[PDB]
2 protein chains.
Amino acid sequence: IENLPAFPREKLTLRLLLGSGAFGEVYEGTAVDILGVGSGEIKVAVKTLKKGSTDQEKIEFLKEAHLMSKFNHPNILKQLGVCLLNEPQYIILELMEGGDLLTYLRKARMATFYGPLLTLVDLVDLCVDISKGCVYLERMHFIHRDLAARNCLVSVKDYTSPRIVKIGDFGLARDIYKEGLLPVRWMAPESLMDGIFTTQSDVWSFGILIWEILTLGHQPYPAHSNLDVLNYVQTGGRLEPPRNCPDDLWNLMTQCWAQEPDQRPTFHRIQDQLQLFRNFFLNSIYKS
Amino acid sequence: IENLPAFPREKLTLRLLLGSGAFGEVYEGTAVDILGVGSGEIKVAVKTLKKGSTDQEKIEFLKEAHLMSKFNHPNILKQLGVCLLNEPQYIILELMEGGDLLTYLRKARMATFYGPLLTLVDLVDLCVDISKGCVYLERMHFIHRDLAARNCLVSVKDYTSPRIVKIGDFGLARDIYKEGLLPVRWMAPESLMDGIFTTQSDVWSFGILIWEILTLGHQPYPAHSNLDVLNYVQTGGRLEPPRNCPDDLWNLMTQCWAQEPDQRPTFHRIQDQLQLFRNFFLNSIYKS
Ligand SMILES: C[C@H]1Oc2cc(cnc2N)-c2c(nn(C)c2C#N)CN(C)C(=O)c2ccc(F)cc21
Ligand SMILES: C[C@H]1Oc2cc(cnc2N)-c2c(nn(C)c2C#N)CN(C)C(=O)c2ccc(F)cc21
């Protein structure tokens, strides 16, 4: 019997507004003893469901909350509690003070032209993090269907402390134990043409994700309007390689965008390739 | 009664050779219970005094050991023990697995042209570290007289874990409570011309040090032979600013190389300026 973690609305204080997500509104706040009796006023994020909103939207809201209760993995955003008896509904998430990956990446590049505040090893660690999360989703028979940096989160705001990224928005995730959409730049050709979604289209999008990471948050297909994108892609056109991107990481990405879905790597292999490259590169610098 | 920390030569095992420093030989090894009874086989570095070497050199060796016993500060290399009853003499230092700052800087720049493995904030933290060490030496009435990246050490080999640099070679340090030399590129004009050394010539050299940090270990005055350097400097010539070096840090460096020794900043002000710039820059990125 699946149970969402009920949490006393009284012990929750909404302090900062972080943005307007969904329908829709997210706040930083504090929640007493979320982590237990020896917790304190630990900071949290709060996802809210607007009052009076569609009965259908409330269901999507509840769907999300259920997906996140089900998941338990270091690279998957934690849902710490819910407030569902009173409106507005609250989904209480662990606070990721670095905000969304995309923003965290772009601040890193734009902070000083002395150089990015994230290095190649930093970026490889981000990729390794998200890929573990993908391994996990696959093992749980879930397809995320919207893998992109805007949908991941970073645990710290600064660029010096140890950091972790997590997948953090499962509004489109689907169980696959057996008229909307938008993000054309992340979608596999099968998905755009035939409306088909699989773990292998997730692999296409992870390819785009790690491209986003390696460019520090550039827009895919910068010279193409949304409309031209599907032309471009459907052709056989692919993104340009990031400036000075390691050949190993380009070959991985490239294979993620195999036209033929069964010619793409698996998530396990993708994580292997990422860990393999990291060790190679670490070893490489020390022997210098 | 000044006492060097005597340590049982038996509990020491010389494993790796790290290089040949002084007269002269340094090893990585392990030393049982250096940190106390609950220590274990903790890794150390070992500075050795060659057998049969000059009676005078042994004195310089002993001088160093005494200087380092006297000092206790987070940014000054720890001397953990000595082996002075038997030859070869051993000075047992905490291991700084990043090696010397200069090498650590150059590996950072040469590891991938995707970008340096040290960012501006990393480098500013290095400068802040060494400047605290300089504040301390001054407060102890000591002049180091050879401040340079080759003479500092980094606590870790990788470029991700928290790191600290320390001043680590006091072969030339002098107490100032009241025919050798070489490093012309680090020496104040008074020092080269008149053989004069003060805390203010130390400030000149720290200027050069932080230049070394900000260029990731480039040689000062690259277009000048050692001979031409004193001409160049004695004129009024100064180093070029590092590529994309923050204006605040250029103004600091520049002032460290004031022709007139009393027109140079103090170490306290230098540390203030460094901490002030760091906060400004951190604040700067977040509000972006
Ligand atoms: C549901 C929401 O959750 C969080 C948001 C933040 C931190 N931690 C969590 N859990 C956050 C953001 N920006 N900033 C400055 C902070 C902070 N601190 C991003 N944001 C406004 C979002 O709406 C968003 C975006 C993507 C995603 F996957 C979840 C979320
Ligand atoms: C006296 C010596 O001490 C140490 C050396 C090292 C680490 N920790 C300590 N204490 C070290 C070095 N390289 N590498 C790879 C390691 C390691 N691990 C540098 N080196 C060979 C030096 O001789 C040297 C240079 C400058 C300085 F200030 C002290 C020293």
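Chains are named by letter, beginning with A, in the same order as the sequence lines. Numbers in chain A come straight from the PDB entry, and the residues shown are 1934-2111, 2120-2229, in order. Sequence positions for chain B are given in the PDB entry numbering; the residues included correspond to 1934-2111, 2120-2229, in order. Only heavy atoms go into these numbers, but all of them, side chains included; no hydrogens, no water, no symmetry mates. Whatever order the structure lists them in is the order used to number ligands and atoms, beginning at 1.
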Review point. Which polymer chain sits in most contact with ligand 2, and what is its name in the PDB entry?
Key: proto-oncogene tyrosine-protein kinase ROS
Check your understanding: Which of these options (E6201, PF-06463922, CB-5083, AT-007) corresponds to the molecule at ligand 2?
Key -> PF-06463922
Check your understanding: What other chains come closer than 4.0 Å to PF-06463922 (ligand 2) by at least one heavy atom?
Key -> B
**Study point:** 4.0 Å heavy-atom contacts with PF-06463922 (ligand 2)
**Key:** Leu1951(B), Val1959(B), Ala1978(B), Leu2010(B), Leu2026(B), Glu2027(B), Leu2028(B), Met2029(B), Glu2030(B), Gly2032(B), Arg2083(B), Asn2084(B), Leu2086(B), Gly2101(B), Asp2102(B)
Practice item. Enumerate residues in chain B that UniProt marks as binding ATP and that sit less than 4.0 Å from PF-06463922 (ligand 2) by heavy atoms. Key: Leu1951(B), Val1959(B)
Practice item. Output yes when a protein non-hydrogen atom is found under 4.0 Å of atom 7 (C) of PF-06463922 (ligand 2), and no otherwise. Key: yes
Check your understanding: What are the identity and heavy-atom distance (to 1 Å) of the UniProt active-site residue in chain B nearest to PF-06463922 (ligand 2)?
Key -> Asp2079(B), 9 Å
Review point. Can you find a protein heavy atom closer to atom 10 (N) of PF-06463922 (ligand 2) than 4.0 Å?
Key: yes
Review point. Quick check: which UniProt domain of chain B holds most residues touching PF-06463922 (ligand 2)?
Key: Protein kinase
Practice item. Give the atoms of PF-06463922 (ligand 2), by number and element, whose distance to some non-hydrogen atom of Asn2084(B) is under 4.0 Å. Key: 28 (F)
Practice item. For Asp2102(B), counting its heavy atoms only, list the atoms of PF-06463922 (ligand 2) lying under 4.0 Å from any of them. Key: 28 (F)
Check your understanding: Do any nitrogen or oxygen atoms of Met2029(B) come within less than 3.5 Å of a nitrogen or oxygen of PF-06463922 (ligand 2)?
Key -> yes
Pairs under 3.5 angstrom, nitrogen or oxygen on both sides, PF-06463922 (ligand 2) versus protein: list them out, please.
from: PF-06463922 (ligand 2); atom 1: 8 (N); to: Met2029(B); atom 2: N; distance (Å): 2.9
from: PF-06463922 (ligand 2); atom 1: 10 (N); to: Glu2027(B); atom 2: O; distance (Å): 2.9

